[PDB]
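A deposited model with azlocillin (bound form).
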Amino acid sequence: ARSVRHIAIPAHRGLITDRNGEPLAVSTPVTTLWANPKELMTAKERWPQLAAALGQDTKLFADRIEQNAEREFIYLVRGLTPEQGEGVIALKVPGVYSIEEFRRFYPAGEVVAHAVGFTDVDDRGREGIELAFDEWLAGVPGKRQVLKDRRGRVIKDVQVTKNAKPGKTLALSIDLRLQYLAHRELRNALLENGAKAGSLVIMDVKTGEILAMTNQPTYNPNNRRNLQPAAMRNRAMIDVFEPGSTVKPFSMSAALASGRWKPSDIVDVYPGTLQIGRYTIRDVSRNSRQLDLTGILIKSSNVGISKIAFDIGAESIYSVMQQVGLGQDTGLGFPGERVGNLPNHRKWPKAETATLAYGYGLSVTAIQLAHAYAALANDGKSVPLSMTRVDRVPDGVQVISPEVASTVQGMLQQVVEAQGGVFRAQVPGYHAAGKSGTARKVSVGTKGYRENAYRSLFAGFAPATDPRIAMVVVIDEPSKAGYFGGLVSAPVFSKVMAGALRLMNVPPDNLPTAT
Ligand SMILES: CC1(C)S[C@H]([C@@H](C=O)NC(=O)[C@H](NC(=O)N2CCNC2=O)c2ccccc2)N[C@H]1C(=O)O
Ligand SMILES: [Cl-]
């Protein structure tokens, strides 16, 4: 019974910070106390003092030790603070030992839970960034030998056979300040609107960095006691949806690149419907007989966009959408991330051509939509997405001509700023641009759509004079104060964009309305 034992030396898991060094996941030093029952059995009159110092009931504590009198090792308590373990060891109770351990702590908790994820009881990454970069972050535990006698009392630390190796630091692209702002405002809007879920993505249009990514519902990764599966989802990355009218700027980009359309062109949209075979295209706004190109986007005419689509054909539309990354692998490798679906057909009937152009029959993620709007904002130059801090600006791919992008930027500025436009999306002190959308949710137990359940969207970027930031707001089943994208999601865009631009010290380009 007198032999040497090898015990592990816990390795320090790598620090996860935001883009500026703000800790997001940190391995904190804790103290675990263990006992040698055989030794404690000789110090019985120290039990009541020891039990009390452990916050345990004298008798229940005594039952524990007695039931284990045979054993040489049992945990007393795990994960005390260093000073708490210091106090109990200082009592000098025979057979009580301490070992230094680590506990993974998440300082911003629920604010960044979906992005960062968490580690399991073996601090192996199980969700999110903790999972995706587990190899980078994980340390290598060491090993050492201890000598124990017949009764199991430790008499000597013999040697370290293997040093512990710490994991590596990882800096995310996220700006925690923006993440806090986005988290709070999304939560507020979810609650004001009695919505079921939501996502908000902010992107640096020049660098491809994800500055903020938040979802509702969320959870506290430091306390997962009553955690339900639904709250764990990074919906921005892993859930798909039909983008609806938020793809209209890309259909318009195809129209302009085709050589067949120009901004002054007028389209007749009377009577606000278009019959094609059995299916009917319907406009919601029906207070105009004709619209120029800009007014098609301002009023969000499905009939208008459909007529342009029939003229240019589906292939030109499919092509811009593929080019801006809709339904395409993002290359981020976030666990569970979806590619979505951009349908490719042998032949395109009018029906499928029209619905593609106004954003149904395809499915995207909120990250993809934001990336697509970044391309438009960045003068038609698409840059790869990143969830880690970028050192040097990546090489972009010119996916939309600068000229077309410039015109479409102007139209989207008009969608926000012009009379009859989405005025709730106006950003104090700035010129913003963007597009609202409203989509019926898909039926649960059949094909087709729900009658009274909706997804509210707004996508945009700012400032219009030199776009820095793109943002997408998606809100599921608002039920208390309307459901249109320009009612529900646009105000979120306004407030978050305002705070974001200020936090990033972007100078106001609209002083007639500044703060
Ligand atoms: C409410 C609008 C002004 S309509 C138009 C457009 C774009 O998103 N959205 C729609 O046309 C949407 N259609 C829709 O969900 N589906 C599913 C199958 N095909 C079809 O039409 C809709 C929205 C509200 C009530 C009824 C229908 N933009 C909205 C905006 O800007 O908020
Ligand atoms: Cl319904």
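Following the PDB entry, chain A shows residues 50-564, kept in their order. The analysis underlying the following values was restricted to heavy atoms, covering all of them including side chains, and did not include hydrogens, waters or symmetry mates. Determined via X-ray crystallography, 2.0 Å. Order of appearance sets the numbers: ligands from 1, and atoms from 1 within every ligand.
Across the structure, azlocillin (bound form) can be traced to ligand 1.
Most-contacted chain for azlocillin (bound form) in this structure, per the PDB entry: Cell division protein. With hydrogens left out, the protein atom closest to atom 5 (C) of azlocillin (bound form) is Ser294 OG, 3.0 Å, a heavy atom. Under 4.0 angstrom from azlocillin (bound form), the non-hydrogen atoms of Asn351 all belong to its side chain. Atom 28 (N) of azlocillin (bound form) has its nearest heavy-atom neighbour, among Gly410, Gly486, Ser349, in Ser349.
Contact between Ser334 and azlocillin (bound form) is absent, with no heavy atom of the residue lying under 4.0 Å from the ligand. Among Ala403, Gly293, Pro292, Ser485, the residue whose heavy atom lies nearest to atom 31 (O) of azlocillin (bound form) is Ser485. Nearest to atom 9 (N) of azlocillin (bound form) by heavy atom, out of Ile347, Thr487, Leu346, is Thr487. Here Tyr328 has side-chain heavy atoms under 4.0 Å from azlocillin (bound form), and that is the only part of it that gets that close. Residue-to-ligand polar distances keep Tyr503 apart from azlocillin (bound form): every N/O pair is separated by 3.5 Å or more.
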